[PDB]
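Complex: bortezomib (bound form) / Proteasome subunit beta.
Naming convention: chains lettered A, B, ... in sequence-line order (proteins, then strands); numbering from 1 in each chain. Be aware that this covers only part of the deposited structure, with contacts counted strictly within it. How was it done? The header gives electron microscopy, 3.2 Å. Ligands are counted one by one from 1 in listed order, and the atoms in each one are counted from 1 as well.
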Amino acid sequence: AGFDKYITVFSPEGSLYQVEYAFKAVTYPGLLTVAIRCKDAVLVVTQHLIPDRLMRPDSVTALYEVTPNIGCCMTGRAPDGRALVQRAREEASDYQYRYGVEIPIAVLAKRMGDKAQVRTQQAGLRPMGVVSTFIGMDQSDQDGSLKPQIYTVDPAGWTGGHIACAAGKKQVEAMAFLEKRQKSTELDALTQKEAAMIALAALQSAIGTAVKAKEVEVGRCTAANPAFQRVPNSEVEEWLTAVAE
Amino acid sequence: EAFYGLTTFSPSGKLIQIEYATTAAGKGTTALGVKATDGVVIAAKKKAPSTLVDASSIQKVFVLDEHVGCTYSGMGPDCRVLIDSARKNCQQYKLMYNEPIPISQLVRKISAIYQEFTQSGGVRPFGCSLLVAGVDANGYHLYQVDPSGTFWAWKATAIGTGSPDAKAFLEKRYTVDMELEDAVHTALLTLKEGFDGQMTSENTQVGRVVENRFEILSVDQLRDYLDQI
Amino acid sequence: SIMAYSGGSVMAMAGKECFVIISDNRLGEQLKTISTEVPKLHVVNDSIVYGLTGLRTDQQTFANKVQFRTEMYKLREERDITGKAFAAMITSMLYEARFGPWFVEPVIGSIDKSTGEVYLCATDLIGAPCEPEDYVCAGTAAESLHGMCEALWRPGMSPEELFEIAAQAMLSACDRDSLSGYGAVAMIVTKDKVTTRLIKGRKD
Amino acid sequence: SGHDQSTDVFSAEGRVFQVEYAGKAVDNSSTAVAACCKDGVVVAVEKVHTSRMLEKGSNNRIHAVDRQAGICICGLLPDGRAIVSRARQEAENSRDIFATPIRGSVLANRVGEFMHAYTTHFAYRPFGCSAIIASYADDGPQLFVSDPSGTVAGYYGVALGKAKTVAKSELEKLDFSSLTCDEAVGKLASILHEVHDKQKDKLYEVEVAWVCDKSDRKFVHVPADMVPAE
Amino acid sequence: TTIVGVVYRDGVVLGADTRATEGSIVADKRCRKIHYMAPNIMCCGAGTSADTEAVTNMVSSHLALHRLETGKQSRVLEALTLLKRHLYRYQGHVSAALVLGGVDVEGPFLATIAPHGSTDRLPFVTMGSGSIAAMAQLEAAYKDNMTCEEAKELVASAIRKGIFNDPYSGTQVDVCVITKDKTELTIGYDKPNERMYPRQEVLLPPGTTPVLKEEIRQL
Amino acid sequence: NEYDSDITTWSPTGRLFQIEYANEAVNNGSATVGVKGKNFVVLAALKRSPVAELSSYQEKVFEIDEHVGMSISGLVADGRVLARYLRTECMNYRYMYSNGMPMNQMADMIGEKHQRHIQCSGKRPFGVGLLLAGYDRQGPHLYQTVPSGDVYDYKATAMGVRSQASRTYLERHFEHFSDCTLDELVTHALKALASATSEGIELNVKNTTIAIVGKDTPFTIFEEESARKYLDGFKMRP
Amino acid sequence: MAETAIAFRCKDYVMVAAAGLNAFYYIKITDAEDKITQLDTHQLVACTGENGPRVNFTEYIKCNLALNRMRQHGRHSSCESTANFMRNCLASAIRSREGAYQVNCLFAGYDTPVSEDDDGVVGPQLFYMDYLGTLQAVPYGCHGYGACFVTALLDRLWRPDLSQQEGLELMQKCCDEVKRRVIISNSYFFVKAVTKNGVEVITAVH
Amino acid sequence: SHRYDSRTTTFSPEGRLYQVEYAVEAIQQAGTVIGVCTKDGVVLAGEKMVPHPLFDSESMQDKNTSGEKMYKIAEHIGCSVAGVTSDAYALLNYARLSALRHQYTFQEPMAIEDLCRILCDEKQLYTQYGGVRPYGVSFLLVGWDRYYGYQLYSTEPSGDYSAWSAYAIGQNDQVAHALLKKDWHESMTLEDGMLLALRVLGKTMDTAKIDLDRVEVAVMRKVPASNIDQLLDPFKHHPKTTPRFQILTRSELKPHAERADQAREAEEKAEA
Ligand SMILES: *[B]([O])([O])[C]([C][C]([C])[C])[N]C(=O)[C]([C]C1=[C][C]=[C][C]=[C]1)[N]C(=O)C1=[C]N=[C][C]=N1
């Protein structure tokens with residue numbers, strides 16, 4: 001009853017205060033990401049803003065490659081996100097050596113949520129103040145096709161699939177735009193051009209700025225080219241004009 | 001590396017850390033189960049935080065082997081350590097006796113994992129309870145562990161928020177010779193009276209262990225039951 | 001060899017609703033008789049009876065680890081061990097020590113108390129599982145017992161007439177083996193009773 | 001209170017103070033500057049001598065990590081020598097296992113993970129040091145800065161130390177596209193003699209080092225007669 | 001041992017014998033050598049009965065444990081990787097020759113694993129002691145895209161080249177068909193060696209063996 | 001002051017107090033003066049005077065190898081744990097390479113020995129300073145380590161209690177050290193050491209340890225008998 | 001094997017005899033060395049073998065019986081509990097680093113009721129053992145070169161109802177046969193006996 | 001961090017161990033179980049809390065080895081538990097292993113004082129090493145050996161034990177000692193001991209008409225040996241009677257519970 005909040009100890013209302021304080025390290029940099037999957041692709045947009053003009057803008061990034069078919073964005077404390085990439089690259093490689101096949105995206109999200117649960121149960125270890133968003137396309141069963149996947153793991157360890165997610169500062173106004181857009185159409189029937197307009201407009205409704213094409217970076221995975229790659233900046237400009245239309 | 005214990009005794013003589021963990025294990029969603037003469041039903045409640053969280057992906061009824069299942073109510077990621085250790089201890093029984101495990105011996109093993117972290121150095125107890133149910137060579141079983149390690153042998157019970165007024169509803173509706181189809185009829189019916197909105201096939205998740213096998217019901221077989229109650 | 005150091009042959013036959021098991025009475029050191037009144041059989045419950053052959057130091061040490069594990073199985077699980085679970089249990093014990101292996105060859109006979117199905121199993125010293133439906137046999141006179149058991153067996157035998165075949169098969173094979181003999185101790189067992197018989201043999 | 005006593009304690013708003021308290025050890029340290037000059041990288045620092053009797057060459061904050069790369073530290077000198085002796089070990093591994101020189105963006109990402117791994121555990125404290133990785137690998141001239149939080153970033157120019165705000169505006173007047181390594185040693189050393197005051201310390205000298213095509217892609221210190229006098 | 005496998009039009013067919021001998025004498029006549037791995041994967045086995053059964057049950061429980069985590073149908077390439085890393089790290093001391101057959105989303109997968117740990121993915125493989133005599137039947141009559149009946153008869157006619165020619169093999173033909181949907185396991189598909197001249201059955205009356213003591217224990 | 005208890009605790013001003021507290025152990029030890037010449041390094045330590053007849057002896061100056069030697073100040077129990085490490089790593093060098101270890105490599109090896117003990121929670125800094133007296137192919141060297149992990153290359157220095165006055169004397173003669181011979185180089189070190197003493201005591205052979213390393217001279221500690229040739233004729237003149 | 005141990009049990013006593021020869025490959029070191037170690041007041045063991053492992057095995061067994069009487073308030077364990085503790089040390093040593101004990105021994109004892117609730121064995125106990133870890137309760141056991149001369153002698157003349165004097169003149173025939181046929185000079189045989197009043201050292205038969 | 005160590009294995013400034021003393025208080029609210037050692041057996045009787053109508057009986061085989069409150073350790077050893085319920089199963093598993101490791105290395109039944117010593121070595125071990133909380137449990141070991149016959153032990157949560165002839169752990173143990181002290185004599189039969197056991201149990205939980213749903217009993221006496229097999233063991237002697245730990249059912253305790261209320265009624269008509 002002396003501290004109640006300084007190490008991983010249950011509060012008298014049954015909460016962990018080092019979990020609730022690590023959620024606030026996600027919104028503390030002030031950034032934002034939006035992920036969405038269409039019928040045949042996955043998209044991840046994120047705010048890529050450099051305040052200093054003397055900074056090399058192609059070094060600071062949040063989009064990482066875990067395996068050649070899984071990409072991720074790390075929204076939260078930026079050196080903590082680089083730490084969980086190196087953890088996920090070890091787990092995807094040790095899956096490859098031991099089991100011979102590439103790791104499923106739903107399984108790589110589960111094995112990274114088990115790493116976050118241990119750090120919030122042992123008293124000495126600090127939780128990672130970052131929300132991971134592992135995106136990719138899994139091999140479907142009984143037909144052999146590919147299927148878009150989005151998986152998000154909290155700093156507590158809450159893994160789960162998504163149709164469209166958001167993380168960072170004013171992530172509540174980004175969820176509210178996507179649910180309002182969900183009431184009209186059905187997001188698993190839209191195309192890659194149509195779904196790119198929503199994830200960029202959801203990034204506009206929260207920041208209220210209608211940002212430039214260099215102030216974001218977008219990575220994608222498509223059923224034709226299943227490898228994770230980031231888009232060119234010229235293709236973001238073809239999308240930002242359509243949102244203004 | 002912080003090898004001292006975090007859970008100790010109080011001047012009143014109570015493990016106050018485990019008392020806090022039972023509060024944490026009662027703030028989950030309502031999970032329940034009933035028995036019958038022909039099988040055991042377990043019923044969950046997949047609470048979606050939004051409409052964009054892929055209700056077919058998240059799951060709360062966990063199948064452990066070809067004869068055991070489970071459903072939790074508490075801290076989600078704390079449960080996955082318990083299920084992965086229960087799926088592992090059930091495969092070690094088949095590599096050593098060539099026999100499905102009994103529901104008694106599996107629950108004694110996972111109760112030694114709760115008690116292990118209430119007497120270890122540097123860890124906190126679990127913040128979730130389970131509902132283990134399945135078959136063995138002497139009938140049908142429905143157990144319910146606690147974060148203290150204390151396990152029970154219930155006949156119809158419920159855990160989570162809205163559990164004491166749903167467990168009292170199980171007293172009024174249980175009968176000693178309930179059949180299996182009568183059990184699913186009343187396990188879904190005791191979810192509805194504490195449920196907020198309108199339960200759908202992607203909103204709850206049940207699994208009824210039948211005759212040798214646990215078999216989580218699909219979205220088509222559970223849709224058959226919702227428009228019958 | 002180390003396997004034929006102590007002497008002794010254990011076999012078992014399967015009947016209709018019964019099975020038999022029978023060992024000899026000799027213990028030795030490669031030519032000389034140490035004892036003349038020593039069986040090789042072990043009874044753990046009213047359904048499972050198993051017999052060990054091989055090196056007598058391992059025949060007693062392994063049977064202590066089995067009794068350590070069978071009685072611990074009855075404390076954890078509130079029930080008697082079954083035949084398929086007991087045979088798969090000490091199959092795993094002979095495989096953990098695969099490079100330091102025990103010199104036993106367990107001959108397991110069991111029966112279901114409620115169903116009435118017999119289950120025979122004879123592993124090797126390295127734990128090779130093998131369940132014939134007719135008979136099993138191990139020991140120093142094992143090559144002589146595959147001729148005696150196979151030429152005399154039929155699937156539909158009564159418990160009284162299955163004993164007469166197993167007894168004449170043990171004794172006629174021990175009259176050709178100089179490391180087994182000196183009478184035989186048999187045990188017929190049905191769903192209803194267990195009868196233990198000691199058999200006249202040559203004192204040679 | 002007790003919310004700023006170790007590293008495994010988030011604040012009430014999601015901050016880690018022992019990392020941010022370690023960032024005040026760099027902000028109270030001597031001035032560092034760097035520049036990327038389209039064929040190489042020049043790095044200069046000011047050695048604050050506390051006595052007249054120190055030998056010339058003592059307390060050199062510039063250390064060679066590989067033949068093509070070298071880390072200059074800004075902050076505590078003995079804490080940064082654990083970063084230098086680690087990044088040397090990271091560069092020896094790529095030469096001995098992968099038979100290739102370590103890339104500039106890869107050496108900096110190994111520094112930012114060694115500095116971050118001591119900000120997540122209770123028994124360890126973060127470094128009082130900002131490491132400046134100046135490299136020239138097969139990905140061109142690179143200039144990185146790793147802060148005590150473990151955050152790495154590619155820069156064109158950087159000012160670190162006490163007067164890092166005045167020296168940052170003095171870097172905005174340079175070009176970095178037409179800028180060469182021939183002129184920038186005279187420019188960057190002239191930043192330090194104008195950004196730093198002699199009314200606090202009497203003994204201050206500058207230490208410049210580069211890696212460029214003129215030095216055969218080798219990270220070297222200066223010949224002593226290329227630096228401006230004052 | 002005369003375990004074989006054949007890739008046909010949709011799936012694979014695995015074959016085996018039933019004889020198990022311990023040192024020049026027939027121990028068992030109806031041993032089972034086609035094991036279970038998955039609902040889509042089976043695995044034949046040769047060599048020692050201890051080492052074959054204990055490498056199979058450990059991996060088949062590991063594939064089942066890895067199936068609860070993924071929630072998907074298990075690959076045959078991950079069944080092969082768990083077998084080849086076990087058999088390599090004991091350096092041929094685990095004397096088990098394996099024939100692995102299965103069906104995935106990528107089609108039928110037939111491959112063999114040597115006891116030293118090497119793998120070969122072929123349309124038709126033979127292992128065991130009668131593998132040389134069974135391969136000559138497969139090299140003379142295999143063709144691409146056979147029906148389920150022509151492959152089941154080619155497999156069974158290759159086992160009998162190990163039954164009637166290899167002394168370490170015989171008494172039955174075990175055939176396991178692996179399809180995409182189902183899996184059919186027949187044991188008495190081909191029994192070419194029947195029981196010629198049934199037994200005289202020398203009758204001995206109950207009580208003709210001299211007994212010195214007897215003790216009856218009722219239950 | 002609640003930020004001074006643990007070693008792994010930064011202050012809100014960005015200071016490490018447990019390292020700054022170990023620095024006061026060096027400032028409370030006995031005064032020692034190192035003076036580097038052109039080919040010679042002279043250490044002049046001030047050991048304890050006898051109590052009116054009885055002579056207590058405590059070894060401060062250590063030989064590390066043929067070309068290295070050091071004098072300590074502060075916790076002498078940590079000055080011998082350093083003496084175990086420095087002597088072992090100079091035996092491991094001369095085993096491998098069959099030559100003496102260079103001083104620029106060795107001064108970088110002491111600084112990483114101080115650094116392992118200042119970042120873990122259940123460890124403490126070495127509360128002792130050093131004065132390396134070395135010679136190698138690059139000529140004579142004079143170093144000084146502090147409990148923070150720093151290592152400073154000097155021309156002349158002085159550490160110990162009231163060694164600020166010895167440092168003030170050396171800041172007027174340090175430009176004329178590459179020109180003096182060995183007999184003058186000992187004299188500048190002893191005039192410096194005599195200005196750190198008490199109000200009513202001067203130097204003799206009973207309270208001074210003189211250690212000299214050179215180019216054809218291995219590390220030699222001049223104690224009671226052989227030290228009289230520089231200490232019988234000596235007077236601290238104003 | 002050069003030295004013999006002869007032991008037989010009867011209705012109310014157990015005879016033991018062990019030749020006190022100790023040699024160095026052909027040279028007689030001793031002729032009177034006691035090789036029958038008194039473990040308890042009613043228990044003894046007659047070990048044979050070379051003198052290296054023979055003392056170090058018996059001192060490990062004897063000091064652990066005494067330790068199990070310290071920790072259990074002077075309660076004397078049964079003869080089967082001592083014999084099963086012995087073969088545990090033989091069987092665990094053939095699969096260890098240091099190697100097998102090269103000792104062949106005959107355990108002997110008498111079972112007395114320790115309290116009124118004890119309804120166990122009343123009679124005598126005699127156990128054959130081996131260096132591997134074989135254990136067998138036997139009417140009479142023999143080791144050494146002369147074992148086969150005297151085991152078939154006890155096939156002829158041993159009776160379960162022998163008295164103290166009739167078994168004393170039987171052991172004299174057992175000692176005179178080993179002197180007659182075995183080339184190894186066994187001249188002094190150390191006859192002891194275990195009865196209901198403890199152990200006793202028989203002076204007559206040598 | 002070293003700041004939040006609760007320091008369990010440290011003395012008080014008056015020489016007391018607070019985590020041991022608070023573990024004793026945890027047993028003071030546990031379920032009351034009493035035992036009494038007669039001449040021809042030793043009986044245990046305890047109370048379990050109220051049966052909710054949705055409890056279920058786990059349908060076992062051979063129900064003599066695992067009850068609600070009493071547990072079998074070996075064939076000649078039984079026990080009963082007051083304290084933290086999940087904490088006892090770690091020591092119950094440790095007591096079953098040490099009792100069977102004795103039979104491996106000696107082939108004899110273990111003494112009751114020998115098991116009670118080896119499980120109190122474990123309980124004292126966590127009071128002095130590790131810096132973690134001790135076991136908050138208290139045992140009542142019963143059993144027969146051939147060394148001193150029927151025995152009965154206590155077990156404190158500090159490593160200390162003591163032999164007894166009748167003892168109480170749980171709620172109102174100070175009350176139930178005085179009631180057993182008022183009438184216990186040496187030459188007592190088992191039927192007079194079981195009637196003593198149920199009568200004191202109704203006193204502490206102040207209940208005339210002792211209920212069978214709230215009382216669990218278990219007796220430790222010697223039965224005649226039935227599994228003697230002299231033919232496969234020619235030189236092994238089997239004793240005449242063997243001890244059997246058993247747990248009485250409701251058909252077994254109803255003839256004994258209807259004798260304890262009448263003996264309460266026999267001492268009720270002579271009250272005024
Ligand atoms: B193959 O010959 O059918 C068979 C393989 C199968 C039983 C695992 N091999 C055996 O029969 C082996 C012996 C062997 C012969 C030739 C090569 C390699 C091995 N037999 C056994 O392992 C055996 C022994 N005793 C009982 C049961 N099985």
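By chain letter, the other chains having a heavy atom closer than 4.0 Å to bortezomib (bound form) are E. Per the PDB, the name on chain C reads Proteasome subunit beta. The source species given by the entry for chain E is Leishmania donovani. The 4.0 Å heavy-atom shell around bortezomib (bound form) contains E:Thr1, E:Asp17, E:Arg19, E:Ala20, E:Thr21, E:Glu22, E:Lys33, E:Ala46, E:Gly47, E:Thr48, E:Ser49, E:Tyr168.
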